[PDB]
**Q** 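Attached: Mitogen-activated protein kinase 14 with TAK-715 bound.
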Amino acid sequence: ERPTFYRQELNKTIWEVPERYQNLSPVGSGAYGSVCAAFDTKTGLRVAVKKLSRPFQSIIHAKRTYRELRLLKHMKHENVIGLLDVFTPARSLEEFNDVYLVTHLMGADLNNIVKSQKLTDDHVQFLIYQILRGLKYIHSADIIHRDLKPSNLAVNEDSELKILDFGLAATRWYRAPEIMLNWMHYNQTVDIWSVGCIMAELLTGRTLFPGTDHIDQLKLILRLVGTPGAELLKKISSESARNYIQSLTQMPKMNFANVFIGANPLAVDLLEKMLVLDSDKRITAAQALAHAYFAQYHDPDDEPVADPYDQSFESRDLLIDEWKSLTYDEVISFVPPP
Ligand SMILES: CCc1nc(-c2cccc(C)c2)c(-c2ccnc(NC(=O)c3ccccc3)c2)s1
């Protein structure tokens, strides 16, 4: 049942992959490992193959490898990066040292389709719809992305979009204010804040909150969404955090209609619901998909949710060989998608 593997050196690393993956071509590398483009002769698909670096070097590396693999195996949605294949040239656990991950080759992210231009309202609808459809699924697995930005959104020529965690082979511009401040209780709508920032930028052709630094970022945010009202302040536990809010100059929320000039009034309404300062009042991914702005794309019967995602491993402190063994189990149990 094991396919025939072949060796090949690139960039200065011995790749050992099953024969089905042909014409390996390095696309990039980093501290995580290396990625090659390949042709999958089994499927006729152009795939990316990633060889992890130092997957089991330490307890932390091993747990990270297991984390990454477990998550990828669980993410099964059109708008979220998933797994076509996972393999190892190892024939046993004792042999097991390398992990390779396989996914659809992606050639572009949101930045390089947009090219910092105004997109049409129809195009924005389609892109934002997809992000939110992916987010609904992600959030239903009780996961928060936390790092949504244009570089974490892969987009093909047909503007079909997938959410990434790591980009292709600043961030503060899309971060929710509660993360910018050190408010130690955030919800999934931190990702909705990010989506609103992305949406605004797609519509306007300009970064919504291009802060120069941490402080500037919050200044820019608060100028638009206002300083915390009395309802929000009542939910802030630390005196000094409230002291920090009050010390800074008090400004009203701007009317987004007087900000996003010429935009579809439904786009403006949705942005208002995404960019509420109080995260308790921020629209969810599922509620946003039902918003009238998405009427041409919304299908309540094809916006699926994820299976329950068991994240209990996160609280465990195990030895390297235990994490390695658990990862090995996940490699061998992988069933390709249909
Ligand atoms: C930075 C860490 C990365 N990991 C992957 C990856 C590869 C295989 C499997 C999985 C789960 C992730 C990446 C990936 C996935 C799919 N496509 C790409 N493609 C590219 O990076 C790319 C860039 C320019 C031109 C052509 C291709 C990268 S990037």
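In this chain, residues are counted from 1 in sequence order. According to its header, this structure was worked out by X-ray crystallography, 2.0 Å. Counting starts at 1 for both ligands and their atoms, in listed order.
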**Q** Which atoms of TAK-715 sit under 4.0 Å from any heavy atom of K50?
**A**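 The list of qualifying atoms is 2 (C), 3 (C), 4 (N), 5 (C), 6 (C), 7 (C), 8 (C), 12 (C).
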**Q** Can you name the atoms of TAK-715, numbered from 1 with element, that are less than 4.0 Å from a heavy atom of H104?
**A**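 Once the distances to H104 are compared, the set is 16 (C), 17 (N).
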**Q** Quick one: does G167 get a heavy atom under 4.0 Å from TAK-715?
**A**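 Yes, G167 has heavy atoms under 4.0 Å from TAK-715.
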**Q** Would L168 count as being in polar contact with TAK-715, using the rule that some N or O on each side must be under 3.5 angstrom apart?
**A** no
**Q** Please check whether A169 reaches TAK-715 - meaning an N/O of the residue sits under 3.5 Å from an N/O of the ligand, judged on distance alone.
**A** yes
**Q** Using non-hydrogen atoms of the residue, decide whether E68 is closer than 4.0 angstrom to TAK-715.
**A**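 No, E68 has no heavy atoms under 4.0 Å from TAK-715.
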**Q** Which protein non-hydrogen atom lies closest to atom 10 (C) of TAK-715, naming both residue and atom, and how far is it?
**A**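 Scanning the protein heavy atoms, the shortest distance from atom 10 (C) of TAK-715 goes to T103 CG2, 3.8 Å.
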**Q** Help me out - I need the UniProt domain of chain A that holds most residues contacting TAK-715.
**A** Protein kinase
**Q** So which protein heavy atom does atom 24 (C) of TAK-715 come closest to, and at what separation?
**A**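 Checking every protein heavy atom, the shortest distance to atom 24 (C) of TAK-715 gives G107 O, 4.3 Å.
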**Q** What residue, among UniProt active-site positions in chain A, has the smallest non-hydrogen distance to TAK-715, and what is that distance rounded to 1 Å?
**A** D165, 7 Å
**Q** Could you check whether any heavy atom of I81 sits closer than 4.0 Å to an atom of TAK-715, since that is the contact criterion I want to use?
**A**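 So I81 does not count as touching TAK-715.
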**Q** I'm curious how TAK-715 sits relative to the natural ligand site. Which residues UniProt lists as binding ATP in chain A have a heavy atom closer than 4.0 Å to it?
**A**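 In chain A, UniProt ones with a heavy atom near TAK-715: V27, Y32, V35, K50.
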**Q** For TAK-715, note which part of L101 has a heavy atom under 4.0 Å away: side chain, backbone, both or neither.
**A** both
**Q** Distance to 0.1 Å, residue and atom name: give those for the protein heavy atom nearest to atom 13 (C) of TAK-715.
**A** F166 CE1, 3.9 Å
**Q** Just jot down the TAK-715 atoms closer than 4.0 angstrom to any heavy atom of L72, in number order.
**A**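 Per the distance check, 11 (C).
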**Q** Among all protein heavy atoms, pick the one closest to atom 19 (N) of TAK-715 and tell me residue, atom and distance.
**A** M106 O, 2.7 Å
**Q** Enumerate the residues contacting TAK-715 with a heavy-atom distance under 4.0 Å.
**A**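 By heavy-atom distance, that gives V27, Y32, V35, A48, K50, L72, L101, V102, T103, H104, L105, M106, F166, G167, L168, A169.
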